[PDB]
Amino acid sequence: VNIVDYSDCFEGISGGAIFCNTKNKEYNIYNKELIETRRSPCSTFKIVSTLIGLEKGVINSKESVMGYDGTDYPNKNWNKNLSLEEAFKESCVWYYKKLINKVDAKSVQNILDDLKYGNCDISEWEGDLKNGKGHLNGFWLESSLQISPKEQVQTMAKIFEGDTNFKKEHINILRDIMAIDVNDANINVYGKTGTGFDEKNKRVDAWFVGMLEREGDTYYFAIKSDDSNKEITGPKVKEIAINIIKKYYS
Ligand SMILES: *C(=O)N1C[C@H](NOS(=O)(=O)O)CC[C@H]1C(N)=O
């Protein structure tokens, strides 16, 4: 366990980072207190919900569709019968809500328990209804389910090192759709952003979680901001993570 200083890359935004190489158990941590604090995963839960849907047969391939019903949405790309790969890349809420609502709660509870997915609390299944967004809500979006950045990294490692019961075929679909292009052919980066606002603490939950492969070494990582500035989003935190990877992990 190495405590490190990545503040240069955070460019004044409050947050922390953890990178872990499980082959030589090296654990690089910036802002340990934040890295150990559980927060709503927000859209980073799509990593796990994709695997749940694949395992239960609700979806089967990166082509699979959820039967778009014509409902009007402000994001252009949500207004079509999009595939798993597009719904993941566009963070299409209706697709992933329809997906998860086809799965019984006990199956979800047992998968989260097996993964040690934070507090594994799905009690508020329908999410944070007081925000007025109705069916665009769920237990994983600023609601009952909470996970720390360290736990995210531990979950990512278990999945992608092949230590869960999920099918290898399904792991590879998720690998495929999380691949990121960082304009550096010598590292393979995979990840997913998440964005939420913690109304109780008046701080953002801005995430970028994933993994990095560079010549034999694999690093599992989670970068997290808790800034009070509402302009700090998951996409912004992904920028920060990419700066860290290029400066320290190239
Ligand atoms: C997930 O966190 N969400 C879905 C969507 N995409 O977020 S992301 O750009 O950080 O991946 C919008 C924000 C958020 C939500 N409001 O549900």
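All residue numbers in this chain count up from 1 along the given sequence. Whatever order the structure lists them in is the order used to number ligands and atoms, beginning at 1. Technique stated in the header: X-ray crystallography, 1.9 Å.
At ligand 1, the PDB records name the drug as avibactam (bound form). Lab note: most contacts to avibactam (bound form, ligand 1) come from the chain the PDB entry lists as Beta-lactamase.
Within a 4.0 Å radius of atom 12 (C) of avibactam (bound form, ligand 1), the protein contributes no non-hydrogen atoms. Contact between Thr233 and avibactam (bound form, ligand 1) is absent, with no heavy atom of the residue lying under 4.0 Å from the ligand. Near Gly194, with a cut-off below 4.0 Å to any heavy atom, the atoms of avibactam (bound form, ligand 1) are 2 (O), 10 (O). Near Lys192, meaning under 4.0 Å from any of its heavy atoms, are these atoms of avibactam (bound form, ligand 1): 11 (O). On a distance-only criterion, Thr193 and avibactam (bound form, ligand 1) share at least one N/O pair closer than 3.5 Å.
A heavy-atom separation below 4.0 Å is not found between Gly196 and avibactam (bound form, ligand 1).
This entry records a covalent attachment of avibactam (bound form, ligand 1) at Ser43 OG. With a 4.0 Å cut-off on non-hydrogen atoms, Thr195 touches avibactam (bound form, ligand 1) through its backbone as well as its side chain. The 4.0 Å heavy-atom shell around avibactam (bound form, ligand 1) contains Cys42, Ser43, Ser91, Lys133, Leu141, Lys192, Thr193, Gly194, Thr195, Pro235.
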